[PDB]
Asker: 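Lab note: otilonium bromide/Voltage-dependent T-type calcium channel subunit alpha-1I complex loaded, questions to follow.
Along the sequence shown, the residues carry numbers beginning at 1. Start at 1 and go down the list; that is how both ligands and their atoms are numbered. Heavy-atom basis, side chains included; hydrogens, waters and symmetry copies ignored.
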Amino acid sequence: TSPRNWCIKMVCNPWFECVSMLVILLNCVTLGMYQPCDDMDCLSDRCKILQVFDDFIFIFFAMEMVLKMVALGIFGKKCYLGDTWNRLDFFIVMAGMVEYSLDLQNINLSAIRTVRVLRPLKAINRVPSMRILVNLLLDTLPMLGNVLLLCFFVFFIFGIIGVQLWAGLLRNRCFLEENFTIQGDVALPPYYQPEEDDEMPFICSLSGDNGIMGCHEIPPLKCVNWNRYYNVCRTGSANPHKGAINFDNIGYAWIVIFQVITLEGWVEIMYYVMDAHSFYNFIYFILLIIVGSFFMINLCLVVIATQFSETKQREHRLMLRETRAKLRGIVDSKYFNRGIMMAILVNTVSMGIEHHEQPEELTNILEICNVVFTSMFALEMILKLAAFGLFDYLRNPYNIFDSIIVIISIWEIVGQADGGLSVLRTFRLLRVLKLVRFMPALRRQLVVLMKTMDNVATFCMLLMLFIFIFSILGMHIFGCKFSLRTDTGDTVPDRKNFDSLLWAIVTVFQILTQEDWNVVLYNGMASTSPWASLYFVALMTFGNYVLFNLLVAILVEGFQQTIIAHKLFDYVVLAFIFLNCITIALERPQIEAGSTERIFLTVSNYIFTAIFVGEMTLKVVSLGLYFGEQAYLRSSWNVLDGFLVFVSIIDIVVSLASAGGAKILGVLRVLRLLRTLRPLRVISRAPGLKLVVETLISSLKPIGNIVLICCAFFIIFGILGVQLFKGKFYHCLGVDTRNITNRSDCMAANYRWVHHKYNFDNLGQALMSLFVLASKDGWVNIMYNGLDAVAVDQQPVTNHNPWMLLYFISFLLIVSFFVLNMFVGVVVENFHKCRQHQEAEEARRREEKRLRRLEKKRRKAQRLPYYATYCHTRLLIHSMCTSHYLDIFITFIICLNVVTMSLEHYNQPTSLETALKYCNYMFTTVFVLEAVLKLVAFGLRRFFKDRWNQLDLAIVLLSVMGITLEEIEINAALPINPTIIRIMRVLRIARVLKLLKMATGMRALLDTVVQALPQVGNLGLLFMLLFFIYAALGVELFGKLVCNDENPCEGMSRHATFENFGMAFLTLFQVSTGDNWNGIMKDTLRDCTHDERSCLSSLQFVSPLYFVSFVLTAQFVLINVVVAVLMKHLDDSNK
Ligand SMILES: CC(C)CCC[C@@H](C)[C@H]1CC[C@H]2[C@@H]3CC=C4C[C@@H](OC(=O)CCC(=O)O)CC[C@]4(C)[C@H]3CC[C@]12C
Ligand SMILES: CC(C)CCC[C@@H](C)[C@H]1CC[C@H]2[C@@H]3CC=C4C[C@@H](OC(=O)CCC(=O)O)CC[C@]4(C)[C@H]3CC[C@]12C
Ligand SMILES: CC(C)CCC[C@@H](C)[C@H]1CC[C@H]2[C@@H]3CC=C4C[C@@H](OC(=O)CCC(=O)O)CC[C@]4(C)[C@H]3CC[C@]12C
Ligand SMILES: CCCCCCCCOc1ccccc1C(=O)Nc1ccc(C(=O)OCC[N+](C)(CC)CC)cc1
Ligand SMILES: *[C@@H]1O[C@H](CO)[C@@H](O)[C@H](O)[C@H]1NC(C)=O
Ligand SMILES: *[C@@H]1O[C@H](CO)[C@@H](O)[C@H](O)[C@H]1NC(C)=O
Ligand SMILES: [Ca+2]
Ligand SMILES: [Ca+2]
């Protein structure tokens, strides 16, 4: 119409979108200047100005809303409420108008104020790239519901188990004796807590409940030992972590299960439960880890990648001076370039030598060498423009880069006054990048990475917007509520706070890395309310398990002599090597000399070595060492066999040379380490492991270039970290550690001059610290030390240099990018192998696939006995009572069962317990009635043929068994121990399984998992073998590291120490999860107070190698497991 006409022109004018984006950005700026810790009710000039612009912004938003209203119409596809995002604009407009109106009525209620945060979310509409990305994301979300329902199953099952077992067990501490008589001066707490205000509680075990630690394990206090008086323990207090970790409700059990899904703080609560209830809850936690933290979030990744690929295809389917000549020959020689390459490489090596407490003369040689080098590059500069000319020089931009390098270098040389020596020193590292001009494959790899980054940019903006909105939300709801209680005269704010936008963004980034996020969860959820955990749940879920799976999908679909007896010999030797593994699993550093077991191990070693020598001799006489082709040593496995047997025999002869063992004990150590490597021939003696190792090594080469690039950035950032932090990683740990500036005052107060274990003194230490950072574990402490750094020999101060966030966060982002590139490279590499073999046999399967369709033609009607029950009193049962009409009632009763089992908690009222008993009775009645009606509906044939009514009968049988036993508790007919009653109550959870029949998508997804079990099973076997090797090796290396008060451990707390084989297998499992593994490796590399030679041994060289190798190998195996599942998923999708 005419009124629409005078306005519609501006609406589709792109300058309208431009000015809209300008006001959106101005609004984001105004939201970014919130200071909840200081902005108390807007009594400031800045607050007034910000409120004024907020009013102006609201005026403009209302104007644009109403104008697009009078230009599009209402309630129609073409109308204003046509886009999803226009409805959102409507919502912000109404919400802000309500907020303003309530401000008019003197009802502030800054809980409608927090709706501001959704205002930046309108910018998704005004960036068309963001519109497209978010549109595909939202259109692929609705197919994520299947894995969301699997998530619900694994949360509900484990939550019910937890609330049934450990409801209120977390609350019990060791209290004083009931009638405690004291002379006076009441100072004892009612119970025992080691650190002030329940920093680490002392959760006991009740009498009757066979826990582990039971109030007689209290460390005696060293006046009189007060801790011996804490005799009895009862279940009344607050429960740990400021009432945050418990199993009272089912909401709290969900919180704890979500904490162990993210693999953070897992072991601490595992030991909580072990102390409170029983030793055998590690089964619960291991199964929860394997099912949830590995087969849930990775199934989320698989489903999101596949669904995003499918959405990409779907929307795509809708569309479908004579020396100048002579001087050149030296230049383009392909050999002078190699000489200058050695020049640059030794320049890099020279830059790497520098370290802390560097000798006076060595650094002097370093500057001399730098001058020589830069003279060489300047000579190259002069030469290559003379024989070429200026324009020929400027043709290649690598020449521009080299010119910048040479000018920066020469400027740095002559700038020996100030400025140059401090920053142009940092620009020295750019000479390392010149190597890209020389490796041809690395040009191609970085070109591929730039091809990817063409599409990562829009995702980076979307992630930046997500982090901004969530940081502003955190500022609003967690502003100035994190203040730690006073310990030195004042309440210092927590480092992981929300007091300002910078700290909000860094803390949200930390949470997205899921490192120490549980600390922030506790500190914030105990401050506002227990419902505040929804903020972190929403943030972590949408970030890690939606947005990052989206990025992974973006990358993957942007890329896309005598006789021979050899019948049962291998199996007999396989049994023998298994027995060797069994006898390897006992060589703990605890059996005393001359033991009965020691003699057994020696004799077993002798016999096993003899048997393996016999095996080698038979193989070699069958083949010959290297006497011609197809000999013994022409396969890698056979070389490993010969190597192992030589190691064993040399170890035997050296052990028999024990007379005079001085200076050869190191040889003994090395040969014992190789004994621990020995249980490895299983790979050669098994087909599945051999093929899987071949597949691993085949899938490792293509990502070789990306691994090399990642190592190059590791070296570059290591040198940069050395430059930035030389001796700044020292701190004076003491009782005060306050009002002291430099270490001189530290020695005056005699506290200690402690040196952080993860520092940047050397370049090796820089590399170890950078690996710890890259593993996203313990990286927050390293970042804190970085920000605190001041200079060589004075105390670091809190947030001294907030500019190092750039270094420490850019490193994490770049390494994560390279790790995703490795993952996607592995996926596409496997995609080529699978696709080749797929087309042949699937076409061969399709020939037989249509035969099964012909088989269904036979299935038409084999005179089913539906009449046999007709007119036989089952006329209404077989047909009218077997359709979907009855299963909706049954699934409804199952849902009622679920919502009833979700009500038990600690100290539930007796009336609620009786109501639940009545509900359980009703559920038993309905299950029995359904089962009987089915049995009467059809004959006993399909009662077993269905493979499902069997499970239904099992559930009904357990339920009826349980209800009678609780009835036995009414008359007390026979005293039934509580164990069986509790077991059948907790087995009542099995009635959830009836939801599986209706969930066809769950069955399909879990099946698609199932036909991956060949590959997944062999990989799991190899993964367990990897644990076996590394566990034996860790027992031999680390078994003597004592863990006690004199040696304060950090990662090996109670059962994680490397003493025995199993107690080390547990800590290898924990390191595999990356939970405080950096703490474990800090524990291993530890100089002791001369109670052992190991602390003075070569541990510093070998423990980082041990842990780095283990973590990398474990992560690689898990990556390939996930890849195999993804491949079965895609292949199933194609058919
Ligand atoms: C889409 C949902 C699932 C995640 C998006 C996050 C927010 C929309 C939700 C999740 C967490 C919720 C918060 C959970 C805890 C709190 C603390 C709670 O604090 C108080 O009660 C203080 C007393 C008062 O203010 O009257 C107020 C509700 C609030 C802000 C909730 C506001 C709405 C939040 C931020
Ligand atoms: C001289 C005495 C008093 C101290 C011994 C020095 C060690 C503390 C330093 C010197 C060399 C350093 C090593 C230099 C090289 C590395 C490789 C590094 O491997 C990596 O993580 C980088 C490869 C990658 O992750 O991509 C592991 C740390 C390590 C073994 C360093 C461990 C610590 C070492 C042994
Ligand atoms: C089938 C193979 C491939 C894997 C199974 C081997 C291990 C899982 C088993 C076999 C040997 C067992 C170990 C045998 C010896 C020890 C030392 C043993 O220590 C004691 O007897 C002292 C305990 C005390 O003093 O109370 C504790 C069990 C433990 C760790 C066992 C842990 C579990 C082990 C390693
Ligand atoms: C220079 C351009 C930068 C472009 C941005 C790149 C985003 C960088 O990635 C982050 C950026 C900011 C904050 C956190 C992260 C991060 O890495 N999150 C996070 C992801 C996965 C997990 C996890 O366990 O799944 C395991 C998944 N793999 C593959 C195993 C299967 C191992 C990764 C935990 C945590
Ligand atoms: C530390 O220095 C401050 C500065 O005046 C002083 O007040 C205080 O007494 C000193 N000692 C301690 C333990 O704080
Ligand atoms: C160490 O700190 C004290 C305290 O201000 C200062 O007086 C002194 O100059 C500093 N440097 C030293 C002792 O080398
Ligand atoms: Ca972690
Ligand atoms: Ca951690």
Asker: Got a sec? Need all the ligands or chains for otilonium bromide.
Answerer: ligand 4
Asker: With a heavy-atom cut-off of 4.0 Å, which transmembrane segments of chain A (UniProt numbering from the N terminus) are in contact with otilonium bromide?
Answerer: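 In UniProt's count, on heavy-atom distance, the answer is 6, 11, 12, 18.
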Asker: Specify the organism recorded in the entry for chain A.
Answerer: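 By the entry, that would be Homo sapiens.
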